[PDB]
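Starting from 1, each residue takes its place in the sequence as its number. Recorded method for this deposit: X-ray crystallography, 3.2 Å. Just so you know, ligand 1 is whichever comes first in the structure, and atom 1 is the first atom listed for that ligand.
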Amino acid sequence: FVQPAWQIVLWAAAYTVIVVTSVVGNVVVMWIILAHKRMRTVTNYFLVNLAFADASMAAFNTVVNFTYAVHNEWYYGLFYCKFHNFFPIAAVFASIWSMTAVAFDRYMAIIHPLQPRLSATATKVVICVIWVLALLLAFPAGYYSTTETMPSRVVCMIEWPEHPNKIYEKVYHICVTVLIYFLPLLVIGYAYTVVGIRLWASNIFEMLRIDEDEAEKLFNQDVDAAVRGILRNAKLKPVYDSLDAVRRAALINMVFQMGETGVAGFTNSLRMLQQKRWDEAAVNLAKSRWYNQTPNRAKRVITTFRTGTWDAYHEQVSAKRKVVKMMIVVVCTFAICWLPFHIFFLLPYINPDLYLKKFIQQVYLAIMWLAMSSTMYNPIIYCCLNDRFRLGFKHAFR
Ligand SMILES: C[C@@H](O[C@H]1OCCN(Cc2nc(=O)[nH][nH]2)[C@H]1c1ccc(F)cc1)c1cc(C(F)(F)F)cc(C(F)(F)F)c1
């Protein structure tokens with residue numbers, strides 16, 4: 001029953017913010033990639049499709065969807081009634097599956113580099129298929145939309161054929177919710193977790209392979225035998241228990257080079273690590289005869305004890321790591337923005353009366369604002385994280 005003018009003008013301002021920031025931002029992003037085109041990569045060519053879909057939904061739907069919510073009267077006739085219910089499903093499908101396409105491309109490059117699935121001509125075919133499938137799934141929702149003429153007003157509502165329980169409308173609604181949200185988010189989730197583990201994480205067998213024609217190494221057995229020996233030694237066991245997985249590997253790396261008895265000698269450095277004085281321990285171990293003879297290896301073991309990370313056994317300036325951080329943020333934004341929207345339309349199946357009660361109009365306006373804002377965050381994410389994109393937007397200033 002809450003209907004104040006002070007609120008309506010305030011909402012329209014918050015809503016127009018979406019339209020302006022989504023058209024400007026995404027067109028600049030489209031521009032940056034498409035021309036120069038000295039930056040036209042498989043990942044970026046997909047991002048262009050996502051930039052189009054975003055700027056597109058914002059132009060067409062934000063205006064029409066806000067007016068109807070506020071006024072409860074359809075002003076744009078049967079054609080735009082059908083179109084405003086068709087295009088959002090097509091635009092959301094094309095966006096989420098373009099995101100998946102970038103995830104597949106990174107996975108195939110990080111995980112399977114010998115098999116190349118990157119092709120210029122094919123990218124256009126993928127973007128082509130994405131849109132064919134998108135407009136097909138959106139079609140039934142557009143088909144059944146119609147305007148009912150009444151004495152006081154014109155109403156835009158979607159009415160499916162009269163079935164004994166009208167199961168088709170519900171099934172379709174559920175399927176759309178899967179293809180547009182749950183299914184691709186699961187797929188994107190899987191790729192970036194495997195790729196996340198490969199780019200950031202490592203292990204003792206990888207470490208020992210680096211630090212240590214000719215036969216192959218036999219670490220598999222020796223690593224478990226090194227662990228058994230450390231837990232037998234009274235000078236080494238307490239230190240080892242206090243250490244995390246990454247630091248435990250640094251201690252075993254040394255036992256592999258000097259041996260249990262040799263490593264047991266660094267009494268002070270070992271009491272420092274136990275006490276968790278990483279920087280202090282790192283300074284002391286650098287003064288050893290171990291460091292003087294093998295500085296490169298010793299520098300790697302020391303920096304592992306100090307940082308508690310695999311940073312020493314991975315390239316310093318990594319461009320592959322920057323893009324994955326960007327894309328993960330973009331996906332998590334989508335997931336956050338669309339969840340209340342999907343829950344909102346999913347509830348009439350649990351409690352039908354709960355929806356047609358209280359002042360849900362103020363809620364639907366808050367829920368619909370978040371969903372539509374997903375359309376503007378992407379250019380901001382590209383500038384906040386990536387070096388070239390922020391220089392590109394900087395170049396678009398007069
Ligand atoms: C067109 C509209 O659809 C909803 O409003 C009408 C009823 N409709 C249930 C229905 N009954 C049918 O028979 N067909 N659809 C709703 C619905 C349909 C599919 C869903 F997954 C969730 C809700 C819609 C869809 C999305 C999308 F695509 F993101 F979901 C985004 C937006 C916007 F952002 F512009 F507000 C608007």
*Asks:* Any chance you know which drug is at ligand 1?
*Replies:* aprepitant
*Asks:* Help me with this one: what macromolecule has the most contacts with aprepitant (ligand 1), named as in UniProt?
*Replies:* Substance-P receptor
*Asks:* Provide the binding site of aprepitant (ligand 1) at 4.0 Å, counting non-hydrogen atoms only.
*Replies:* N65, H84, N85, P88, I89, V92, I158, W160, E169, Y172, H173, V176, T177, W338, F341, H342, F345, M368
*Asks:* I'm curious how aprepitant (ligand 1) sits relative to the natural ligand site. Which residues UniProt lists as binding CP-96345 in chain A have a heavy atom closer than 4.0 Å to it?
*Replies:*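 Going by UniProt and heavy atoms, it's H173.
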*Asks:* Could you walk through UniProt's transmembrane segments of chain A from the N terminus and tell me which have a heavy atom under 4.0 Å from aprepitant (ligand 1)?
*Replies:*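 Going by heavy atoms, the UniProt transmembrane segments near aprepitant (ligand 1) are 3, 5, 6, 7.
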